[PDB]
Structures are given as C-alpha cells and as structure tokens.
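Summary heading: complex between clozapine and Histamine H4 receptor.
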Amino acid sequence: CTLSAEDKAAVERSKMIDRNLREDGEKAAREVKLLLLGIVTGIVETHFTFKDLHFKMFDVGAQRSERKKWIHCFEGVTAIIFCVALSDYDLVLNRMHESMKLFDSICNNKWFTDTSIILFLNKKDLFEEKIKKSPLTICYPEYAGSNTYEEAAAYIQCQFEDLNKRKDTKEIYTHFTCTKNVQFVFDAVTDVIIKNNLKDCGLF
Amino acid sequence: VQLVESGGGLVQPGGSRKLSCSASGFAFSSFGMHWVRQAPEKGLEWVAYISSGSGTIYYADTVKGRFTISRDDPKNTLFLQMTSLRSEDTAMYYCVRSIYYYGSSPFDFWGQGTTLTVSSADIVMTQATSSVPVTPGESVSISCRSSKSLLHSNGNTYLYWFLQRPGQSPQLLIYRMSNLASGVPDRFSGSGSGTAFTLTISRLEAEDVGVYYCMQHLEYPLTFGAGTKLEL
Amino acid sequence: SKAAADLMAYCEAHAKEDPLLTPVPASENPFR
Amino acid sequence: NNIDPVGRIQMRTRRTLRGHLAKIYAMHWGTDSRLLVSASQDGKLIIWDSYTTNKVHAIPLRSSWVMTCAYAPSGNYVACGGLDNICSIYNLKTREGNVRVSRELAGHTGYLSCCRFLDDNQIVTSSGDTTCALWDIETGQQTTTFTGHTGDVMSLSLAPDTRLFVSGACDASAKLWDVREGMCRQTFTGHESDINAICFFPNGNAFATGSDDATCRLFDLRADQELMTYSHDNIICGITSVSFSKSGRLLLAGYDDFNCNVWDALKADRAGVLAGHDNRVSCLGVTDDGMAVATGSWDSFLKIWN
Amino acid sequence: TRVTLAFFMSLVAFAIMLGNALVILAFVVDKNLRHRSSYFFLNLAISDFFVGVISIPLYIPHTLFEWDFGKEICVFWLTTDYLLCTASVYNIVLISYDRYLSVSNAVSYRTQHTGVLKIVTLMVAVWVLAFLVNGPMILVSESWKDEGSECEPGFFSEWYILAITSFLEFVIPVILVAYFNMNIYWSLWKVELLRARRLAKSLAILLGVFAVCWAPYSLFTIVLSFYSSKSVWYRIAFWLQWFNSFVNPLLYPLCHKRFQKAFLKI
Ligand SMILES: CN1CCN(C2=Nc3cc(Cl)ccc3Nc3ccccc32)CC1
C-alpha cells in the first residue's frame, strides 16, 4: 500500500459521493416528463402527481426565440401536449395555416422519432356557433359537408391527423378539449409506456 | 464554529467513563474527529480517531481494546467511551475536527477541552529543550526531533505545530510543517529537515509566550513531544 | 501575417512546458 | 509551409470518471491543475480530484436546465447558469464545511449560455436576450450592459489580462467588448450558421469559434478578419466545443461525428482523433500546466488524456 | 470412423462456451447495464457456460472409446450436467416473467427502487431451486452401479420418476411462456396490421424453438421406459437437448438494444 493515513479518508469521501450520485439518479430516472406546446421568464416548470406517477410538465411558451438551439434538451420526454383552437379557422391575422405549419414542423422532427404526440382542439363552442352563419366554405372551399358541427369537426380532425409520416412508430391521440384532459393524457402515456416497453426486448 | 464537551472530572482507577462532544455552527456529519489529551504537567498525547461515515476507527496501543469511539449525526454529537482507567490516565482532553479531502486544513479547530483527573517502532518525538527565556521584542526559535522520516510517497510531510497559553486550549499554528492556518497572525513560520524541525515566532509580542508543541500524523499511533515553555 | 506570427511565436516558446506535445516520462507524470 | 507537423499524437484514457448519469453540458479546469467541475442534467455540479480519480465536492442545483459553469481563479467560489435566465454563485470555503450559494444575479430574460469570473467580485454573463452584461457581485446589480446582437448569444470568454471579452451569437456574428466602459470594440462575421462555441487564445491576440455548419474558425482581434478554417469533407455535423493548449499547438475541437479531433492549429489540416465516446461531444478543457486533457460527451463519461 | 463424430461434439461444446462467455464479458465490462434484465441474462449465461467445459468433453470418451469413469467420476458428471440444464430453462422462464410484468401492469413497474439484495436473492433462488428439484435424486440412486453398465441414473428403471421430473421441468415452462406471450399480444392489440403480425411471429418463434429443442427427448425416454425397457433417434433426442444452449444466447440477449450497444462498443 502506497497511501498515507489520510488518503484512506479521501477514498472514503469519494465513495460516499458516488453512492449519493447513484441514489439521486435512481430517484430522478423514474418520472414522466411531458412538454406542452401551443389545461394548466424562461422555462416554467410544473409538477404534479397522479396514480403513483410523477408528471413534470414544461410550460415553455415564455421563450421569445426559435427552437433549433433550444429544443434538443428535451430528447428524452415521454410525450408532447399540443393545444390549438377550432374557432379561429377564419380569423386572418389566418390561424389554421400557422397551426398546421407548427404541427408539421413538430411531428416530422428527428428528436421525436419514437415520441408520440397528444393533440388537443379547443374553443369548440365558438366554432359551433360560428358555423351557424359562418360555414367552413370561407376556409375550406373544397369542403362539401352538411352545416353541422360533427362533419366539419371530423374533417378538421382528419386534416390534422393525415399529416403523420411515421404511422408505424408513433400515433396521435386527438381529443376535443372540454376533468377529462388529465385522464386522456394518463391513458396516452400508459399506452406509450407499453408500446415502447415491448420494443426493447424484441417482440417487434 | 463551536465545540462544547461534557464528562470531565475526577474518577477512581478502573471502571469506565464516557466523554461527549456537542458541535455547533458547521456541517457535523462531514468531519472526522480525534480525541487528544495533555498531561497535568507534561506534553500532549493522542487517544482515538473516527472518520466520516462511521467507518474507520483507530485507538492508541496504550488504549487499544479499552477505549471505543462513536458519533451520532442527527444530533451532532461525538462519544469516547473509556474502559480500564488507571492513575496514569490523568490529563485534560481535546476534541479536534479534521476534514480529509485534497487541500483541507486538519486540526483547524480545537474544543475548550475537559479536565479528567484519575486517582515497538512507534515514532516518539523528543522536544528539543524545555525552557528558552527570550525578552519581548526578539524572535523565538524552537525545535523538536522525530524518531522516523516523515516524507511520504505522495510528496507530503506530516508535522504539526501548536501553541497553548495559560488557562487556555491549543490552536493550530502550523499544519503539515509548512502551512499557516488562517485566523492567526502572519508572523509565524516553520521549517526544518528530516526528523528535525523548527518553529519560529518573529518579533515576539505580549500574549505570544507559553507552551509549544509538535505532532506527527504519518501513521497511527499519533504521538507528541514534551513542549517548550517560552517565558518572559 | 503579423497576427499569425504572434501566435506561432507563443507556440514555440512554451514547447517544452506542454506535456501533451512532448509526453513526460512516467517518472514525473502523475497520471501514469 | 515551414512548420514541422506534430504528426500523429496518440493519447490513452488514463482516467475514466464515472458518476454522471444523464447528459453532460459543461466543464472547467481549476487553478491548481488538479480539481475539476462538471455540470449535468441530474441537477449536479461535481468537483473531481484529477490525480487519484477521487471526488472532492458534489453540489446540487436549482434549475436543472444548465448550460455552463465556472471556477473562481482563487479557488473560493463556483458559478452556473442556464435556461432560467439567472446566474448562481456558490462559496466553497466556509468554516461550516458545506458549499453555500452566496449570490443570485438576476435581470435577464433570454436563456443564459455562459459565465466566467473576473476576480472574487466581478463576473460577466451572456444570455438569449441578445445582450451581455458585467455584474459587480457585491452590489448585486449590473454596472454595464452590452446591446447590439439581433440573435441569442451562445458563448463568451475572458482575457488572461482581465480587461476585455469576446462573445458570439446565433446571428453568425461575434463581438469584442470592453469591460469597464461599455463600448463595442468590434463585430466579426463570416459563419454560415449560428455560433455555439468560442475560446480565447492564451496570448490574447486571437480567438476561435465553433459553428453548427461543419466548420471551426480562428479570427484575430486586431486585424478584424478571419484567420483560419478547420473542416473536413467526411464531416457533415456541427461543432460543439473548442479549446487550446499551453503552447497553443493543439486545438481540441469537439464534433458531432462522436469523435474529438485534435487539430494542428498552424497547418489547419490534421485530425488526431480521440475516439472513445458513443455519443455527441459536449465539453472539453485543458489544464493550466498542460498535464492532461479532459473531454465530456453525451454518454455521461469524462475522459482524461496525456 | 469415430474421429469425425468426436470432432463435431467438441465443436458444439466450444460454440456453447464462447456464446455464453461473450455475454458474461459484456456484462462485467460496461457499468450502464445495471438493470434487472442484464442481471438475469448474466445468470442465464453462467448457467449455460459449464455445459461446454465439463459435460461434453467428459462424456465423449465414456461412449466413444472406453468407459473410464467409475462411480467417483460419473456421479459428478451426472450431477453437474442435470443441474446446468435445469437452471438454463428456469432462467428462460424468469426472463419471460419479467417481460410479462413489463406490459401487464406497467404503472407499478416504473416506481420501484430496490437495488441489489432482491435481485441477487432471485439470482440465487434460481440455482437453489434447480438443484433441489433435479440433483438430490442422482446421488441416491444405487442400482445403477451394476458391472458393465453404461452410466445413466438408476431411476430410468422407474418411468413415474421421469414423469415427475419432466412435468416439473417441461410442462410448466412452456405453459408459462405461452401465457406470458399471449397476454403481451392481447394487451398490445386491444400500420397496425404489420406490427401485430411482427409481434405474433416473433413470439411464435421463441415458443416454437423451446418446444422443438426440448420435447422429443422427454417423450422418447418416457416411451422407452414405459414397457420396452439404443437406436439412432435416441442419440438424436439426446443431443437435441443440449442443442438449446447454442441458441439461447442468440434469441434473448442479442436482439436487445442495450446489449447490442454493449457488444458493438467492443
Ligand atoms: C443431454 N441431456 C442432458 C440433460 N438430460 C435430462 N434432463 C432433464 C431435467 C429435468 Cl429437471 C427434467 C427433465 C429432463 N429431461 C430428461 C428426461 C429423461 C432423461 C434425461 C433428461 C439428459 C441428456
């Protein structure tokens, strides 16, 4: 042995530090990290708990810069919440084109290849009253449906959902925003867990 | 920081006695602790050592198998239990902190000490002299000897210089033979060569006379000298 | 050329003080 | 053309430092050339013992979205920052024996990219607000703020002489700034995309930038132009980190091809691959006495070479 | 001649040995493999290692050239061989149960923090259970010591004992593996057609390889021991039993993504 009386204590100190690091990693490696984009300066972190599960949601809408130099730090998230409206389909700023461009950019991005996406549509009552005198023909001239909410809503839903280019790897769980949002996201993350779980041990 | 101890007094030979230490104003559970002593008329002696995490435990060969050391981290307390006490065990004891990581300063704080009067190849250090009368306004040079070379393989040296004033507890003047502990006047120095080392108090002033000691911490047990009595 | 000369001159002067350029024999290297 | 090539410089992993679990984003060398500091998404900042591969200190954080860390030149304090717009400063040497956070500099709104100490009382920060700032730690408020970027600032470095500093932003531009007055000394351009890594040459007469367009560059502070370009055809990915050595011959450049490359800073053409990571190279540094090189990558392992 | 047969038996043994040595190496090298799956696969590889170094080369001469065992060696040979095979099957079942708990109740499978004591408890219960099921019967056999006899446990004279042993080592593993895989399929299925077909095919392949490589010998042995107290098909079934440990390090711990990374680093 080529140590003094105190290098042994130095080694013991390093061992305690290693144990503490490993324990903290075990504690922090079993939480579900969801990123919210569009229900509720810099990152606004929100924590809550549901059915023995720890949800850490990131409200990141306060940043005033692009996403290229900013989003890759969320590589390991379980899922993305996406929130958009239906009532503003015709409001020229319009808004449907912006939302569709955002969704296409997000869904077909490499960092979220295996990452599913939850998608919400809200402000549906204003849309329903609007279509009474303002049909979708203003924004969808090719639309040839009945002047009822159901056909138009299905049209819009399939319009967004037909943008998926990764049909056999990740799905989209579309739900009309109306406490059913928490139940929807819980079921979605359970199914994400199962599908990503029977994948790392073969089973295709 | 603060260290306050309980358990001292007069004890009959034999039996057992336990001395406890309470820490205040620092992170207790990241420190190793030593119990040291000083004879009622002679120099210092070491007793025992416990380290961080309640792992390593060391006793002196004189006290081996009869003194046991322990700690308690939630309440910031330290214990030395003492069995097989004999009349030669009379002394006054010090609880000394020591944090062992790279660059730290061990022995940087000593408690107020508690009195306890009882009714081989070990490196023993011989204090070079016993009294040097030096008038105030002139430098003081004190030395001590060692039984064994102290340069370890890692380039270190392990000699410690302490000072004690009347009615008081020691303080750390020099640690590892060359370093000056922060919180003391910067007119001290230490030097020397193998097994023969020296402390220097330059431009002696008042309240700077008393007993001086050296220590070795290269391998257990820990020992002391006699203690040079610098007087006026 | 003046700017490049200034930086290259500093490289030459501190040549022998760079272990990564001239690896020290294991007698003095603490990382073995 | 008269400079002899250093040739193939092989290096061996003397120490593999394990203990970081998630991704690693920053590291800085200490002043005694023996202690190290590393930042990860465990919310951890670790001070390593380098000689014996020991751990000296471990520090938890508050905002786990870190991007940078710093080491006080006197060994007393550390600092960190990230996506939360504020810069935190911790005191290492207290009689209490534990590291405590002494200062919390606030007043930014864009994400902090970097922070470096001036002395025990002055610091410099650059964030996503497109603005740099000099902070006086004792007072707690900026003494001067620097405006003139149109895009987020991703790097800065402090001169050895401790009088100036250079920053770079997502505008494919860099800016040299005085410290005590507030003027913009100079503005440099030339990259084809955003700049994400800058370093300060030890002689104080040059600096090097890394880009997300498969190129590294050296500019000169006085000549106001780019000096050198460092890229290879087999490379298509982006730079992440840049550093120099004591003499400056070895420019250590991280990449996204998973392989650190040591470049002969004078011939602009050499790649001493320090292969050995399984992921993207994030951070890297070199000791004051040149005794080692440390690299850290996305795989959570930190490697020491000489 | 017999030289070719000996060469091929030794070739099979060497292949088994290497196949499990690689798993053991890639678990001791990389420190990111400290989950349940890697510990269980290591148990599997160790249980399959000793078949290639002890049983096969020791068995080659006893039937090939000369019956140079005696009791003091053949007792050891029997005990080792039986213990290893049973332990390998039980590790297969344990991995599949891990897999079923994976996608049966995944909420409770995500927030547990038990580190070593539990895992090594399981890794040791496997071997203890394998021994206490198979081993204590070989040693208690005495009639098998008749002079001039080929060495094989005495309880071959009792078909009931063979039935109990094969029930506690063939019926239960195939039932458990089939149930776990079917529940995995249902719990996923309740674009989509291709994924469902891939999952069904892979699960069928695993269960089928198990059944093919372990049914004939048990069936043929109990058939011969029933009333007709050796033909070439007996050798076929005998070696088909050992031929599982050739593929068991190829289905489970080579498809896995983490272990694939661990191997490709080397
Ligand atoms: C190459 N192989 C090695 C193992 N081996 C048997 N192995 C077990 C072990 C257990 Cl626990 C249950 C059932 C069986 N099958 C058997 C049935 C009849 C005779 C022998 C066996 C015989 C030869």
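So you know, we letter chains A, B, ... as the sequences are listed, proteins then strands, and number each from 1. Just so you know, ligand 1 is whichever comes first in the structure, and atom 1 is the first atom listed for that ligand. We read in the header that electron microscopy, 3.2 Å was used to get this structure.
Counting every copy, the structure places clozapine at ligand 1. Under a 4.0 Å heavy-atom cut-off, the other chains found next to clozapine (ligand 1) are E. UniProt transmembrane segments of chain E (numbered N-terminal first) having any heavy atom under 4.0 Å from clozapine (ligand 1): 3, 4, 5, 6, 7. At 4.0 Å, heavy atom to atom, the residues around clozapine (ligand 1) are E:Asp81, E:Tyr82, E:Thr86, E:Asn134, E:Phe156, E:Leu162, E:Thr165, E:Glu169, E:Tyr217, E:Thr221, E:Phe238, E:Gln241, E:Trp242.
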